[PDB]
Amino acid sequence: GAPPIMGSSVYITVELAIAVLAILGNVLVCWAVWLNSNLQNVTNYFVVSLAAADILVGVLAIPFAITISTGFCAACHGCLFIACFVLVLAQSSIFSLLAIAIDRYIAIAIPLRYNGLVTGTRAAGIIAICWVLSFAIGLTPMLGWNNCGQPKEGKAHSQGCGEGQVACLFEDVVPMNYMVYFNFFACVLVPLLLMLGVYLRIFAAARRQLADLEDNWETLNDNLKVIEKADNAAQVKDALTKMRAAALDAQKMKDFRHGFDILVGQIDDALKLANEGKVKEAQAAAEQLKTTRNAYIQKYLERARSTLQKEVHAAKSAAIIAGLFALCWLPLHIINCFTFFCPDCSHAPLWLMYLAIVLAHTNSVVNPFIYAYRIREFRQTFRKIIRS
Ligand SMILES: CC(C)CCC[C@@H](C)[C@H]1CC[C@H]2[C@@H]3CC=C4C[C@@H](O)CC[C@]4(C)[C@H]3CC[C@]12C
Ligand SMILES: CC(C)CCC[C@@H](C)[C@H]1CC[C@H]2[C@@H]3CC=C4C[C@@H](O)CC[C@]4(C)[C@H]3CC[C@]12C
Ligand SMILES: CC(C)CCC[C@@H](C)[C@H]1CC[C@H]2[C@@H]3CC=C4C[C@@H](O)CC[C@]4(C)[C@H]3CC[C@]12C
Ligand SMILES: CCCCCCCC/C=C/CCCCCCCC(=O)OCC(O)CO
Ligand SMILES: CCCCCCCC/C=C\CCCCCCCC(=O)OCC(O)CO
Ligand SMILES: Cc1cc(-c2nnc(N)nc2-c2ccc(F)cc2)cc(Cl)n1
Ligand SMILES: CCCCCCCC/C=C\CCCCCCCC(=O)O
Ligand SMILES: CCCCCCCC/C=C\CCCCCCCC(=O)O
Ligand code: NA
């Protein structure tokens with residue numbers, strides 16, 4: 001049995017390196033949002049809340065984790081707090097991630113009423129509520145759901161602990177049924193699955209709207225060919241009526257409105273000629289629609305397409321951060337499931353526990369890099385902060 005301080009040294013050194021990185025990177029995130037007005041929106045307010053949680057991981061949770069690794073003597077409820085505080089930060093992260101997903105869904109599903117529904121004031125209140133709920137959920141063991149009533153007295157005595165004191169170890173004070181059923185299944189897995197559902201609805205909404213834009217564009221060009229090859233005024237009329245409906249459907253801001261004002265008007269002119277039985281005159285009038293199409297309508301099509309592709313890209317960036325949270329925290333939770341559900345299985349080795357802990361902590365480092373590589377406004381703001 002090699003000296004415990006050696007393996008501890010590696011684990012502690014790595015934890016400290018992660019702490020420094022988690023603090024520096026996320027302070028940079030908060031600083032960027034503070035300085036740049038272009039980054040000051042509801043979505044990034046939840047980003048800041050998420051960054052704040054990761055800063056507290058470096059400042060508090062990792063020092064707590066280092067202290068716990070020693071198994072030092074402590075009052076059981078004191079040990080409980082140290083042990084549970086990371087649950088608060090993880091829970092807060094989950095709420096922030098869920099809020100970001102919902103915010104992006106609202107932005108893509110109902111953009112016309114997004115600004116009136118999703119404000120900074122309401123977002124601030126939501127963030128406040130979610131932090132309170134995170135403390136409630138994370139510190140639930142301090143409300144009585146703990147193992148302090150049945151301390152490991154043999155372990156405490158061997159370490160020379162005083163009366164009322166226990167060897168401070170996570171699994172000795174935090175019940176595994178809490179960790180598996182309440183924390184993991186209810187408070188982590190269900191919100192993550194809800195998140196997945198939201199992002200599925202986001203991407204499906206994007207795909208449908210991009211399809212609708214193309215269908216309108218196709219309806220516009222197809223009916224133009226119909227009018228040109230028509231032989232009677234009735235055929236011209238039917239094609240124009242479908243165009244007028246498609247034009248108004250695509251219409252649903254000054255150069256934009258004027259472009260469609262021309263289009264609908266030109267359709268009405270051709271429609272009037274069509275209802276008079278003047279086929280040739282109707283077709284010639286309908287030919288003018290191509291000029292409006294190339295000068296105005298096509299420009300609106302590409303810009304609308306460009307805006308949706310940007311929303312898709314932004315939603316993907318947010319989903320990546322959500323996925324990374326899951327990837328980093330799932331090993332710890334899975335290990336707890338094995339410990340809990342399979343008492344006939346040997347406990348996961350200490351080195352693997354340390355690795356799972358380090359991995360969870362690394363998640364507090366990765367987000368600033370995702371923002372830098374995927375979000376131009378962040379990356380450019382980061383450069384300005386660092387250079388100056
Ligand atoms: C505002 C921020 C910076 C304050 C941080 C306060 C932290 C460091 C304090 C608050 C409560 C404290 C714990 C309260 C009770 C005990 C029981 C004792 O037997 C060992 C120490 C221990 C486990 C303390 C460790 C440090 C602790 C977690
Ligand atoms: C989320 C992604 C990365 C998947 C994570 C899978 C990891 C967490 C899984 C895969 C295989 C698993 C191990 C398979 C077998 C055992 C032996 C048992 O006596 C204790 C648990 C232990 C040691 C498991 C711990 C968790 C484990 C390491
Ligand atoms: C987010 C997605 C991946 C769902 C999470 C899957 C989790 C809940 C699954 C994946 C693998 C599962 C484990 C696989 C094998 C065993 C060994 C058995 O003796 C007891 C149950 C136990 C320990 C399972 C518990 C639940 C488990 C950890
Ligand atoms: C916009 C900024 C957001 C900032 C807003 C953040 C507010 C966080 C404070 C929570 C205190 C309430 C937590 C309640 C959970 C109770 C469990 C508990 O405290 O028990 C410990 C104990 O004394 C057993 O001895
Ligand atoms: C600028 C940011 C603000 C600063 C944020 C604060 C940083 C907290 C640091 C360490 C927490 C570790 C505390 C635990 C130390 C306990 C060891 C101990 O108590 O040992 C006595 C004992 O009874 C065993 O015998
Ligand atoms: C101080 C500490 C303890 C644990 C820990 N140590 N042992 C066991 N069995 N589970 C957990 C743990 C697992 C999932 C979770 F969300 C929080 C803590 C994990 C982290 Cl990141 N920090
Ligand atoms: C920016 C402020 C951050 C605060 C710095 C914290 C750094 C210290 C890290 C870990 C302290 C661990 C204390 C070890 C517990 C005592 C071991 C024992 O009693 O056997
Ligand atoms: C750990 C379980 C937590 C228990 C939750 C029950 C208490 C919180 C319930 C609802 C929080 C809703 C916050 C609403 C604030 C009012 C906003 C307003 O006045 O406009
Ligand atoms: Na986090």
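Counting from 1, the numbers follow the sequence of the chain as shown. Counting starts at 1 for both ligands and their atoms, in listed order. Scope of the values below: all heavy atoms of this structure, side chains included, with no hydrogens, waters or symmetry mates. Heads up, header says this was done by X-ray crystallography, 2.0 Å.
- PDB records name the drug found at ligand 6 as AZD4635.
- The largest share of close contacts with AZD4635 (ligand 6) comes from the chain named in UniProt as Adenosine receptor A2a.
- For AZD4635 (ligand 6), the heavy-atom contacts closer than 4.0 Å come from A65, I68, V86, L87, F170, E171, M179, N183, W329, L332, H333, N336, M353, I357, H361.
- Numbered N-terminus first as in UniProt, transmembrane segments of chain A showing a heavy atom closer than 4.0 Å to AZD4635 (ligand 6): 2, 3, 5, 6, 7.
- Numbered from 1 in the order shown, with element, the atoms of AZD4635 (ligand 6) that lie under 4.0 Å from a heavy atom of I68 read 1 (C).
- Measured against 4.0 Å, no other ligands or ions are close to AZD4635 (ligand 6).
- The distance criterion of under 3.5 Å between nitrogen or oxygen atoms is met by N336 with respect to AZD4635 (ligand 6).
- For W329, no nitrogen or oxygen atom sits less than 3.5 Å from a nitrogen or oxygen atom of AZD4635 (ligand 6), counting backbone and side chain alike.
- The protein atom (non-hydrogen) at minimum distance from atom 3 (C) of AZD4635 (ligand 6) is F170 CD1, 3.5 Å.
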